[PDB]
Structure formats: C-alpha cells, structure tokens
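Among the contents of this structure: telacebec.
Chain letters run A, B, ... following the sequence lines, proteins first, then strands; residues in each count from 1. Order of listing sets the numbers, starting from 1, for every ligand and every atom in it. Portion of entry displayed, and contacts counted within that portion, nowhere else.
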Amino acid sequence: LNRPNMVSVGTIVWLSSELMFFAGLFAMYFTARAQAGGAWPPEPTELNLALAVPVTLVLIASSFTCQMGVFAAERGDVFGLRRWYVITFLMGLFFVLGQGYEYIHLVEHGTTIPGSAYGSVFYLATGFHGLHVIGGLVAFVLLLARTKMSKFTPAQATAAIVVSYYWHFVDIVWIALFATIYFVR
Amino acid sequence: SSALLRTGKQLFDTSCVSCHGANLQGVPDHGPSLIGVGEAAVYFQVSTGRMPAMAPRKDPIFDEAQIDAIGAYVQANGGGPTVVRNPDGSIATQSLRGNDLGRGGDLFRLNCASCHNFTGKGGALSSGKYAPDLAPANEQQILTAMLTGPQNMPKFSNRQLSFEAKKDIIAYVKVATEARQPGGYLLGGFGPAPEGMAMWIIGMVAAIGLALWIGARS
Amino acid sequence: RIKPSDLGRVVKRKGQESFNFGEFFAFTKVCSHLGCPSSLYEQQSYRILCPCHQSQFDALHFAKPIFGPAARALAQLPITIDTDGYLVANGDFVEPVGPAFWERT
Amino acid sequence: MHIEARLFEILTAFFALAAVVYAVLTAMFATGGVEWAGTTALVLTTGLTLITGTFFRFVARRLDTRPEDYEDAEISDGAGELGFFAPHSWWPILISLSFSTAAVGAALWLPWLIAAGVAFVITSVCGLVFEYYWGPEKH
Amino acid sequence: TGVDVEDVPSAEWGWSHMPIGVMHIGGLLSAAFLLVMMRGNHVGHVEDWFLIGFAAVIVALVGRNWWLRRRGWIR
Amino acid sequence: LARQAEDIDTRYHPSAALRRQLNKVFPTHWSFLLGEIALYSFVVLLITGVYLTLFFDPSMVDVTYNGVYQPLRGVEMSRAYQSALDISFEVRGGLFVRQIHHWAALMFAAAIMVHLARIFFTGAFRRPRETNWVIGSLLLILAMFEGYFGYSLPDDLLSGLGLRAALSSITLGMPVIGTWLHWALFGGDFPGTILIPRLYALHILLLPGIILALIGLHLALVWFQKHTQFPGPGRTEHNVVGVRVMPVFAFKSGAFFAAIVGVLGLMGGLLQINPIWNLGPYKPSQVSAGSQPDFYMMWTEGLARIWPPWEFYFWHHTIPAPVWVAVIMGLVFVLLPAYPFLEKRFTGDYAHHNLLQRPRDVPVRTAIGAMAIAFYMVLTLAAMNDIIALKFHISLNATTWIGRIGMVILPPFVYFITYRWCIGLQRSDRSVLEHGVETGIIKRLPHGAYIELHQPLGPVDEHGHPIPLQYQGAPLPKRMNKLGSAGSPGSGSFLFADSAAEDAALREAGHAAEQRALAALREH
Ligand SMILES: CC(C)=CCC/C(C)=C/CC/C(C)=C\CC/C(C)=C/CC/C(C)=C/CC/C(C)=C/CC/C(C)=C\CC/C(C)=C\CC/C(C)=C/CC1=C(C)C(=O)c2ccccc2C1=O
Ligand code: HEC
Ligand code: HEC
Ligand code: HEM
Ligand SMILES: CCc1nc2ccc(Cl)cn2c1C(=O)NCc1ccc(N2CCC(c3ccc(OC(F)(F)F)cc3)CC2)cc1
Ligand code: FES
C-alpha cells in the first residue's frame with residue numbers, strides 16, 4: 001500500500017517554499033546593486049577569495065558523502081549509514097567554522113551591518129544560509145540518535161533519504177549564492 | 001562663518017514648525033515654547049534621536065554639522081545653556097571625564113540611582129514613563145542630559161551641581177557601564193529576580209533530570 | 001521649586017497655608033507607609049513616587065496620596081530665609097514623620 | 001500519478017513565459033532598465049513549480065498503475081493495510097509555546113529570552129521526533 | 001460524601017465531591033470583594049469599570065447555574 | 001580485616017542491628033529523591049558557612065574603607081560591609097565560596113517547595129504521618145526566616161531597605177504591643193548598634209541548631225515508619241517492594257549527592273549572585289529602583305504591594321495597612337500545618353494508608369492545590385512590577401491593577417480547569433482499559449471500511465474483542481513502543497558491527513531475564 005512515499009512529497013513541496021524564501025532575499029540583494037554606481041563594493045570592502053573556494057569544495061564533498069550514506073541506507077545496515085553521516089556532520093561543521101572565521105576577519109577592519117548597504121545585503125544573504133546549514137546539522141544529530149534506539153525499519157530509511165536531499169538543496173542554493181556574490185559582483 | 005544660521009532656519013522650517021511654530025512659539029496643541037532653551041537642549045534632544053517626534057530614543061536624522069545649525073539657530077532666540085567645546089571647536093568627550101570615582105559614585109547614589117539603578121540600568125516610573133539605560137550614552141550626552149533636565153527628569157543647574165561634580169558623575173557612569181563582572185555572568189544587573197529564575201530553570205531542572213535518570217519510575 | 005507658570009493649582013492644606021516661601025515647599029522624604037525614601041520626583045506631573053511599593057503623592061495637593069497602599073499625606077516643613085539670604089527652617093513639623101503606630105501618626 | 005505532473009508542467013510553462021516577457025519588456029520601455037525585483041520572484045516561482053513537477057514526473061515514470069489513478073476499479077482493490085497515523089499527542093502545543101517565546105523575545109530585543117526560546121524549541125522538537133521510538137525503561 | 005461513578009470514574013479512590021453551596025457563596029463573596037475595592041486613591045475611573053465588568057460576569061454565571069439547578073436542567 | 005572486625009565484634013557484638021539495617025528495603029521512584037536534594041543542599045550550606053565564619057566581623061561601627069576596591073576608597077561604611085568586601089576581594093577563593101553559599105540557599109528553598117508539592121499531591125500525609133507533615137511545615141518556616149536573616153547580614157543598601165521596611169515598620173504597626181516588640185528587638189529606634197550582632201548570633205547558632213534537630217527527628221520518623229509506595233503489580237498495604245540498602249541504595253544516594261554538589265559548584269562559579277560592591281553601604285537617605293527580596297519572600301512583598309489602603313482611625317489611635325499583611329501571613333502559616341486534620345474532618349476518613357494516590361484520582365484536592373499554586377504565582381509576579389513594566393512595555397498602574405484583580409479571578413478559573421482536566425484523564429484511562437492500546441495502523445477491509453487495529457492487554461473473547469479489565473490504581477501504557485514492540489537495534493559500538501553470535505546470545509539472554517523478572521514479581 002501507498003506506492004509513492006508520503007514523507008518524500010511533503011519534503012519536496014516544503015523545499016519549494018524555502019526556495020521562494022531565498023528568492024525574496026535575492027530580490028533584496030539585486031536592488032541596491034543597480035543604485036551603487038562604480039566600485040559598488042565600497043573601498044573598505046574586498047572579498048578574500050583565498051578562503052571561499054576551500055569551503056565550497058568542502059560543502060560539495062559533503063553532498064557526495066551524504067549520497068553515499070543514502071546508498072548504504074537503502075540496504076538495511078545501520079553502521080555504514082552512521083559512518084557516512086558522521087563524516088557529513090564533520091564537514092558541515094568545518095564549513096560553518098570557516099564562514100564564521102571569515103565574518104570575524106571581515107568585520108575586523110571595515111564592513112558592518114549598520115555601516116553600509118553592501119554589508120547589510122551581504123550579511124543578510126549569507127547569515128540565513130548559515131542558519132539553514134545549522135538546522136541541517138541538528139537534523140543529522142537527531143537522525144543518528146533515533147537510529148541508535150531501535151531496530152532498522154523502512155521508516156528510518158525514509159527519514160535518512162529526506163534529510164539527505166534537504167542537505168542537497170542547501171548546498172545547491174549555496175552554489176547559487178557563491179557564484180552570484182564572489183564572481184559576478 | 002558663524003554669521004550663517006540661514007541653514008538651521010532652513011531645516012527647522014521643514015521639520016519642526018508643525019509642532020513648535022514658525023517663531024519657536026509653542027503650538028498650543030503639541031509642543032513647548034523652545035525660547036528659553038539653548039544649544040544644549042537641542043543637542044541632547046536631536047543627537048540621541050528623541051527629536052523630530054511622531055518619546056523614545058530612536059535613530060538620529062541630522063548630522064554633517066546641522067545639529068550645530070539648529071543649535072545655533074535656537075540659541076540665537078534665547079539664552080539657554082550651551083554645549084561644552086574643546087580647544088578645536090568640536091564637542092568635548094575626553095575632557096568631561098573626572099578623576100575621582102568615589103565622590104562621583106556617592107553623588108550618583110544620592111541623586112541619580114533612585115530612578116535609574118545602582119549601576120545605571122533602567123527603572124520604571126508611573127503610568128507609562130520609565131527611566132532608560134545609561135549604557136549607550138556618551139559623555140557630552142550625559143552632561144547635557146543632567147544640565148537640561150529632559151521630560152520628567154529633574155534639572156540640575158551648574159549652581160547646585162558644579163562642573164567638577166558633573167565630570168565626576170560622568171566618569172562614574174562611564175566606568176560602571178564598562179567594567180567586567182568578576183564573579184561570572186551577571187544576570188542583567190538587577191537583584192534577586194533573575195537569580196531566582198536562573199535557579200528554577202537551570203539548577204532545579206538539572207537536579208530533577210538526574211533524579212529521573214538515577215531513580216526508576218513506576 | 002514649582003514653576004511660576006502653575007502656582008495656581010496649589011491647594012494648601014488647612015493648617016499649613018504659610019509653610020512655603022514663594023515657590024519652595026520642602027516636604028519630608030520618609031514615605032508615610034513603611035518608611036522608604038520617596039525620592040522619585042517627576043517634574044511636570046508633580047508626582048512623588050516611592051520605589052519600595054510604588055505609592056504616588058501629589059506635590060501640588062499638599063502631598064496627598066493618589067495611588068497604592070499609602071493612606072496619609074507627607075508632612076510639610078516650614079521654611080524662610082534669614083537676614084543673610086540662606087534658607088532656614090521656620091519651626092518644626094506639625095505632626096510625627098514616618099510610619100504610623102498605635103498611639104498616633 | 002499522471003495528472004498532477006501535467007498540472008505542474010502547465011503552471012511552470014506559463015510562469016517561465018511570463019518571467020521572460022516581463023524581463024525583456026522592462027529591459028526597454030522602462031525608466032531605469034530591468035526592474036530586478038519582480039524578475040527574480042518570477043524566475044524562482046518558475047523554479048518552484050519546475051522542481052515539484054519534475055519530482056512528480058519521475059515518480060510517475062517509475063510506478064505501475066494505482067487504484068486511485070485507475071478508473072474501472074472496485075473497492076476490493078484497495079483492501080489492505082495503510083500506514084501509521086499518529087493518535088493523541090501533546091507535543092505540538094509545547095512546540096508552539098516555545099516558538100512564541102522566541103518570537104516575543106525577538107520582538108522586544110531581549111537576548112536571554114531568545115536563547116531560552118531556542119533551547120526550548122530544540123527540546124520540544126526532540127521530544128516530538130523521538131515520541132514513538134523510545135524503548136521500555138531499563139531499570 | 002458521594003458521587004455516582006458514571007460522572008467521576010475514580011469516585012471510590014479519593015475525594016471527588018465539593019458541595020455547590022460553597023461555590024455559589026464563594027462567587028458572591030468574590031464579587032462583593034471586587035466591588036468594595038472602589039475605596040481608595042484611584043483618581044481616574046478606567047479601573048472602576050473593569051471592577052464593575054468582572055463583578056457582573058461572576059454574578060451572571062452564579063445566577064445562571066442556580067436557576068438551571070433549581071429547574072432540574074442540571075443534576 | 002578479620003582481626004579488627006572480630007575484636008570489634010567481641011567488644012560491641014552489633015552483628016544483628018547491622019544485619020537489620022543492611023536488609024532494609026527502599027522503594028525506587030524518581031519522585032522519592034526530592035528530599036535528598038534538600039538534605040544535600042543543607043549539608044553544603046553548613047560546610048560553606050563554617051568556612052565563612054572565619055572572616056566575618058559583625059559590627060555596626062563606622063570606618064573608612066581604605067582597601068583595594070578603588071571606586072569605594074574614602075567612603076564611610078560599617079565594619080560588616082567592609083568585612084564582606086574583604087572576603088570578596090582579598091581572600092583567595094572567598095567570592096567563590098560566598099556565591100556557592102547563596103546558590104545553595106536558593107536550591108534549599110526550591111527543593112523544599114517541590115518536596116512539599118509532591119507530599120501534598122500524592123496524599124502521603126494521611127493517618128500515620130500527620131505529625132511528620134507538621135514537622136515539615138515548621139522546617140519550611142524556619143528555612144524562610146533563616147535565609148532572610150542570612151542575606152541581611154552584610155548591610156548594604158538593598159539589605160538595609162529590606163530590613164527597614166519589612167522588619168522595622170511592620171513590627172512597629174501591630175495594634176497594641178507594636179512599639180514594645182520593636183524596642184525589644186532593635187534595642188531602640190531602627191538604626192541601632194545591636195541589630196547586626198544579634199542577627200549574626202541568630203543566624204549561625206540558633207536557627208541552624210533548631211533546623212538540625214528537626215531534620216534529625218524528620219529522618220528518624222521516616223526511617224521507623226517505613227516509606228509509602230505507589231500501587232502496582234506486587235504492591236500491597238503490608239509490604240515494601242524495592243531494593244535493599246546493602247549494595248544499591250547507598251550507592252545511588254552517594255552518586256546523587258556528588259552530582260548535586262557538582263551542579264552547585266558549576267553554577268556558583270559561572271553565574272553571579274549578590275554583587276554587594278555595585279551597591280553601597282546602607283544610608284537612610286538614598287535608595288534604588290529594584291528593591292526585591294529573594295524569591296521565597298517575594299510573595300510577602302507582592303501581598304504588601306497589591307493590598308488596598310484600608311486603615312481605621314478611632315479615638316486617639318490608628319490601625320495602619322500592613323496589619324493586614326501581618327494577619328494574612330499568619331493565617332497562611334497557620335493553615336499550612338493544620339491541613340490533614342481539616343481534610344479528615346471534612347471527608348470523614350480515618351483509616352491507615354500505605355499506598356499513594358495518583359493526583360488524577362483525587363480531583364478536588366488536586367484542584368485545591370492548583371488554586372493555591374496559582375495564587376502563589378500571582379503574588380510572586382506582583383513583586384517584580386518594575387522589572388516587568390520596564391522590560392515588557394506595560395504601564396505600572398496597569399500591572400498593579402492586573403495583580404489586584406488576578407488575585408481574585410485566577411484561582412477559581414484554575415480550580416475549574418484542573419477539576420475538568422483530572423476527570424478527562426480518568427476517562428482516557430478507562431477507554432484504554434475497555435479497548436486495547438491504539439497502534440495507529442489503518443486497514444481498509446475490502447468493503448471499504450477503516451479500522452485501527454487495537455492491541456489487547458489481557459484475554460480475548462470468542463470473536464476477537466478483548467474482555468474489559470478493572471482499574472487497579474496503576475498507570476497504563478499508551479504508546480506501542482513502550483511495550484516491547486519495535487526494539488533490538490544492532491549490537492555494534494557506534495560504527496562497527498559485532499559478530500552475529502554475540503548479538504543473538506545477548507539479545508536472547510536479555511529477553512529471558514526480562515521475562516523472568518516479570519514472572520517472578522507477578523507470582524508473589
Ligand atoms: C501545594 C500547596 C501549596 C499546598 C496547599 C496547602 C494549604 C492550602 C496551604 C494554604 C496556602 C495558601 C492559602 C496560600 C499559598 C501561598 C503561600 C502558602 C506561599 C508559601 C510558600 C509555599 C507554600 C510554596 C507553595 C508550593 C510551591 C509554589 C510549588 C511550586 C513548584 C512545583 C509545583 C513545580 C516546579 C517545577 C519546576 C522544575 C519548573 C518550573 C519552572 C519555573 C517557571 C517555575 C515558576 C517560578 C516559580 C515557582 C518561582 O517561585 C519563581 C520565583 C522567582 C522568579 C521566577 C519564578 C518562577 O518562574
Ligand atoms: C509635534 C512633533 C514634534 C516635532 C516634529 C519636533 N518636536 Fe521637539 N518636542 C515635541 C514635544 C511634544 C516636546 C516636549 C518634550 C517631551 O515631552 O518629551 C518637544 C521638546 C523639544 C525640545 C526640548 C524642550 C525643553 O523644554 O527641553 C527641544 C529642544 C525640541 N523639542 C526641539 C526640536 C527639534 C530640534 C526638532 C527637529 C527640527 C523638533 N523639536 C521637532 C514635539 C515635536
Ligand atoms: C526618575 C527621575 C530621574 C532622575 C532623578 C534622574 N533621571 Fe535621568 N532620566 C530620567 C528620565 C524619565 C529620562 C528620559 C528622558 C527622555 O527620554 O527624554 C532620563 C534620561 C537620562 C539620560 C539619557 C539616557 C540615554 O540613553 O539617552 C541620561 C544620560 C540621564 N538621564 C542621566 C541621569 C543622571 C546622571 C542623573 C543623576 C544626576 C539622573 N539621570 C537622574 C529620569 C531621571
Ligand atoms: C541553614 C540554612 C542557611 C541559609 C538559608 C543561609 C543563607 C545565607 C545567605 C543567603 C547569606 C548571604 C550570603 C551573601 O549574600 O554573601 C548568608 C550569609 C552568611 N552565612 Fe548563611 N545560611 C545558612 C546556614 C549557615 C550556617 C550553618 C553558617 C555557619 C555555620 C552560615 C554562615 C554564614 C555567614 C558567616 C554569613 C555572612 C558572610 C557573608 O555574608 O559573606 N550560614 N547565609
Ligand atoms: C513589606 C515586605 C517587604 N517590602 C520590601 C521592600 C524592599 C525589600 Cl529589599 C524588601 N521588602 C520586604 C521584605 O523583606 N519581606 C520579607 C518579610 C516580610 C515580613 C516579615 N515579617 C517580620 C515580623 C513581623 C511580626 C513579628 C512579630 C509579631 O508578633 C506576633 F504577632 F506575636 F507574631 C508580628 C509580626 C511580621 C512580618 C519578614 C520578612
Ligand atoms: S515604603 Fe514608600 S510605598 Fe511602602
């Protein structure tokens with residue numbers, strides 16, 4: 001019974017709504033870039049590209065690791081799932097720490113939220129993505145703790161799958177934000 | 001170019017006349033006269049943002065030396081107090097800090113702590129009104145605040161509170177708002193209410209959680 | 001010190017019509033409820049607020065209480081000036097100061 | 001499912017058409033060029049409907065006929081055992097209370113209230129997720 | 001005292017009855033206490049209207065319960 | 001240590017009382033540790049107070065500070081305030097110790113209140129134990145006043161205001177005795193010279209001694225009248241089911257003691273309480289905005305705030321307002337210890353009881369308790385008027401009137417809701433007794449009908465429906481996973497699996513031991 005999965009449909013439609021949320025943020029960003037003529041990233045601000053590439057590659061590797069974990073989950077063994085999801089958690093934590101470090105080193109000598117318009121839109125666009133990543137980390141921890149406390153049933157597999165492609169959606173919207181902010185300018 | 005308050009009476013006419021009058025006469029519906037007041041009142045009211053009002057503190061509207069413009073324009077129509085200046089002509093910040101904190105703290109506890117706090121946190125007055133926090137105000141704002149006597153705050157002249165007394169009070173306030181808490185995380189600056197809340201919501205839940213873990217339930 | 005603008009809303013309790021010197025009034029500072037210092041003075045409502053349990057006295061109406069468990073007015077002190085221009089007391093309180101007891105106020 | 005996918009494809013086609021038309025009509029004939037705020041919303045609503053429609057399309061191509069999608073069918077076809085539908089639970093009201101605490105702590109700028117609200121939200125969501133998976137007590 | 005089991009299932013395991021006269025008299029007394037609190041230093045009358053509005057609802061509820069119990073629609 | 005043990009045995013020969021105390025059985029419910037919490041808090045209080053007495057000087061003479069804390073140099077203060085400042089700033093580890101002391105006092109009070117709530121709601125005060133209830137009530141009163149006298153010792157502005165207002169000007173207002181009590185206690189008018197030494201003597205010697213004697217008597221009565229228990233599988237009014245002291249109970253008690261000490265140390269190191277240096281020495285002319293006593297006197301303060309100004313003036317005399325606060329507080333303190341006798345007079349039940357009641361089986365008492373707790377919460381929140389009206393933007397007069405009206409309309413509303421809620425819980429229990437436990441699975445029953453696959457708790461009749469059980473005062477399961485339904489995860493560590501033989505053996509022996517425990521406790 002119930003040949004198409006239900007949790008899958010729910011997660012998919014919710015991810016669509018989240019995409020619309022990020023649409024609102026993008027619309028905020030593109031305006032105030034048309035108004036600032038010339039060096040629209042103001043003089044105290046210049047982005048350090050020597051740090052933003054490794055964190056993006058780390059996030060992509062996280063996506064690969066999560067897909068491997070789902071492959072392991074579809075056949076009923078919990079330990080491969082646990083290993084791959086621990087790896088994914090560690091890589092996401094590294095990404096968040098790198099982003100926070102760049103925030104510190106960038107607020108150190110210039111750009112602030114109340115000090116500019118570019119700084120405002122930049123921090124607003126990237127901090128919400130950071131919050132989404134932190135939520136994904138919490139979901140990973142909860143899923144592992146839930147696999148710890150009973151036998152492996154197909155419901156656990158469905159939960160793993162939906163958490164997986166939530167993570168995929170996250171690290172795709174990150175690619176969009178990165179290509180828009182750091183390269184297009 | 002001090003003979004130029006044409007700016008000044010260019011911003012007042014487009015941001016104030018609806019509530020104070022074209023001649024600074026106090027529209028009998030909303031605003032006071034603003035004649036006896038001086039540059040210090042305008043400085044404190046505009047720099048903190050309480051001015052032009054729709055009164056809480058907000059974001060200021062005017063700078064780029066136009067607070068000076070409105071202040072000079074209002075001073076030219078009366079004899080109120082003026083803002084302190086340093087040998088450069090700018091507003092003094094560093095020269096308004098005294099060197100004696102004992103006397104300043106005793107004066108603060110006698111005159112100021114009744115409405116604000118022991119250490120300058122807020123306090124509640126009757127029927128709405130409250131006394132705000134003293135953390136984000138700089139030195140000249142403290143001086144002009146206790147010199148001009150804003151809404152429902154008493155007015156401390158330079159004869160009952162001399163200039164040393166004011167400087168020492170400023171120094172005590174700025175030190176009390178910037179000192180560490182050498183006992184751990186202070187729970188807001190108030191007395192036993194945050195302490196009781198933290199007890200009930202941290203220590204008791206830890207104790208009851210460990211009691212639930214150790215002992216069985218039946 | 002009361003602003004010269006109002007000076008027409010004063011009510012002047014029955015036995016103390018001449019206890020003020022112009023615009024100076026000099027009430028006591030010990031709340032007539034339980035004895036905390038009633039020091040919170042709002043300058044343009046003319047209200048005195050006791051911070052211990054929040055009573056409110058009306059500085060323009062012989063310090064009559066207008067909110068809270070406070071039930072008796074604050075005591076007023078007579079003042080004047082001396083031959084040199086300093087403020088001095090022109091006598092004593094007409095009644096005991098502070099909280100009440102079995103004998104009298 | 002074949003009709004849901006077709007519905008979402010219709011919607012995605014119309015939204016993409018409208019987005020492109022608006023973009024190229026405001027590139028010219030407009031005061032300051034491309035409008036940049038309706039354009040974005042339109043492309044990303046197109047993307048929303050596209051994601052949903054593509055998922056439904058894959059699930060339809062990977063599925064055999066279903067008594068719901070199938071006419072000609074009788075009630076003896078669906079005779080079986082449905083999923084698990086949760087009976088009574090009291091965790092939703094606690095989740096809502098925690099989120100409301102965090103929201104009112106964000107309205108009036110009070111950081112301690114925001115921290116307490118976030119902690120309570122984590123606790124209540126953990127309680128909701130684990131409700132039907134805790135085992136018997138170990139003694 | 002006594003209550004039938006079909007109203008309170010665990011009527012034999014503990015105290016489960018409170019006589020209705022207690023509740024009626026308590027409601028009337030609380031209304032009277034709310035009313036007598038217009039004696040004080042209240043300058044302003046915004047607070048008196050809440051006192052009068054909350055004392056009318058209590059009396060209304062008590063009267064409704066008494067009248068319905070008197071005509072057998074309850075118990 | 002055979003030689004030493006035998007020589008102790010020929011000199012004392014206990015060997016039978018030790019066996020009688022090593023075999024005592026104690027019930028194991030998480031709710032039976034709320035008294036241990038208070039006991040351990042009291043022990044920590046004793047230790048830290050004995051440490052503190054080596055540095056405190058309780059005088060009221062005036063000195064000039066001339067210490068290390070610079071923003072107070074040259075200020076004239078009493079000797080007690082200076083001694084407290086010296087403890088805080090000039091003894092290595094003194095601030096930590098006094099913060100532990102204050103946090104332990106707070107935890108003492110909170111644990112006592114939670115324990116009282118348990119005792120009241122489960123009905124553990126009935127026939128054999130009214131006197132133990134009375135002793136507990138006396139302990140509560142003494143703890144309140146001891147904490148008050150304690151935090152009034154290092155006389156600073158806040159403690160001085162509290163002393164002045166409450167003690168001086170409520171004792172001063174009593175109808176006839178009044179000023180006589182005030183002058184006997186203070187030695188004269190309010191700011192004297194004998195107040196702080198007298199409070200010091202009362203606080204370190206007398207009240208701790210009385211509390212220690214009463215705690216000894218309390219624990220003795222609990223030891224010789226064996227503990228109560230909840231109804232269950234093998235529980236009767238004539239036996240105690242639990243674990244023996246010998247290996248287990250002492251171990252659990254000691255581990256709980258260590259964990260409570262750990263929590264107290266952590267929160268005494270990381271959170272700040274009573275920073276007396278931000279205040280100043282007490283002076284009768286200056287005041288601040290907070291005021292506020294510790295959370296176990298806040299109800300007294302709130303009652304004084306929201307009580308209307310009703311005074312009586314007759315011939316040559318005056319009865320002020322705080323007299324009302326006095327009689328109401330006395331009435332509360334008299335109605336607390338005399339409750340079991342009231343309930344036994346009203347319900348007319350005088351039998352021995354050793355099995356507890358679930359709070360849902362006694363709706364009227366549960367509603368009474370919820371009403372009292374709501375009243376207490378209203379009184380406590382009415383004490384932080386200033387903080388509430390400042391942080392949350394509300395008028396001050398508005399909060400006063402909100403408290404003044406809530407004091408009358410919240411208790412009855414809470415009573416009504418609690419009564420209906422208790423009966424609803426009873427009905428929910430009866431439904432799962434009549435039918436089985438809902439599993440949450442749905443079927444379609446080829447003629448298009450939806451059923452929900454209940455699961456019976458006992459025997460079944462001919463046509464598959466379970467025969468209804470009878471209620472026995474014990475809790476019933478509501479979730480299928482609490483019964484063993486979906487369990488048995490893998491037996492790895494966290495990332496690597498174990499062998500299959502190990503997994504099978506461990507699972508199978510665990511199942512066997514569970515079944516044996518069940519079958520053993522049923523049969524007795
Ligand atoms: C059980 C009942 C009280 C017995 C009734 C017996 C009989 C009726 C005596 C008459 C007494 C009547 C007339 C007046 C009552 C008031 C008076 C007696 C006060 C004396 C003190 C004493 C009796 C205390 C009463 C019982 C006590 C309040 C138990 C409450 C605690 C229990 C039930 C639940 C606690 C669970 C806890 C771990 C989580 C709660 C989290 C927080 C929100 C608790 C709420 C909370 C509390 C409780 C604070 O005290 C507090 C103080 C300062 C700041 C904040 C808070 C605060 O948030
Ligand atoms: C009618 C809306 C309104 C506007 C617009 C407005 N004010 Fe005010 N102003 C008030 C009111 C009302 C007060 C009374 C002070 C109070 O109660 O807080 C006041 C007070 C003042 C005071 C202090 C009066 C005293 O006696 O100390 C000054 C100075 C002042 N305004 C200047 C200004 C300036 C500068 C502007 C900006 C051009 C401005 N006003 C615009 C309403 C307004
Ligand atoms: C309760 C009476 C009261 C007294 C006494 C009092 N204040 Fe105020 N204070 C207030 C009120 C009310 C305001 C708000 C005025 C406004 O917003 O226009 C205020 C505002 C201030 C501000 C502005 C705070 C800010 O962030 O802009 C400062 C600074 C200040 N007072 C300092 C002092 C000092 C120093 C003393 C002691 C000499 C003192 N106050 C005594 C009530 C008082
Ligand atoms: C038994 C219950 C007790 C309670 C509820 C209690 C409570 C308190 C409190 C709250 C303080 C304030 C501390 C501060 O603010 O710094 C205090 C001070 C003090 N306590 Fe206790 N205490 C208790 C027992 C004891 C005992 C048994 C002793 C000594 C044997 C003791 C010795 C002291 C001393 C000397 C002070 C003053 C030192 C100081 O204030 O720094 N206390 N007490
Ligand atoms: C209004 C309260 C209050 N406002 C503030 C404001 C600011 C601050 Cl910081 C603290 N507060 C507090 C405060 O500290 N509240 C705690 C408190 C309350 C009452 C009592 N009591 C002393 C003995 C009396 C007594 C003694 C003997 C008697 O003789 C007889 F009859 F034989 F018993 C009769 C009465 C009763 C009250 C102690 C502590
Ligand atoms: S002490 Fe001033 S109101 Fe009670």
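Here, the model contains telacebec as ligand 5. By contact count, the main macromolecule holding telacebec here is known in UniProt as Cytochrome bc1 complex cytochrome b subunit. The other chains with any non-hydrogen atom less than 4.0 Å from telacebec are C, F. Atom 32 (F) of telacebec is not flagged as protein-proximal [any protein heavy atom, distance under 4.0 Å]. Of the transmembrane segments UniProt lists for chain F, numbered from the N terminus, those with a heavy atom closer than 4.0 Å to telacebec carry the numbers 3, 4, 7. There is no covalent bond between telacebec and any chain in the model.
For C/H53, a nitrogen or oxygen atom sits less than 3.5 Å from a nitrogen or oxygen atom of telacebec, counting backbone and side chain alike. Protein heavy atoms are found inside the 4.0 Å sphere centred on atom 15 (N) of telacebec. The shortest N/O to N/O separation between F/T171 and telacebec does not fall below 3.5 Å. Counting the atoms of telacebec from 1 in the order shown, those under 4.0 Å from a heavy atom of F/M329 are 37 (C).
Every atom of telacebec is numbered from 1 in the order shown, and the set under 4.0 Å from a heavy atom of F/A304 is 1 (C).
Short contacts between telacebec and F/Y148, defined as distances under 4.0 Å to a heavy atom of the residue, involve ligand atoms 14 (O).
For F/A326, no heavy-atom contact with telacebec is shorter than 4.0 Å. Within the 4.0 Å heavy-atom criterion, the part of F/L158 lying near telacebec is the backbone and not the side chain. Name recorded for chain C in the entry: Cytochrome bc1 complex Rieske iron-sulfur subunit. With a heavy-atom cut-off of 4.0 Å, F/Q292 touches telacebec through its backbone alone. Note: no N/O pair closer than 3.5 Å links F/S291 and telacebec by distance alone.
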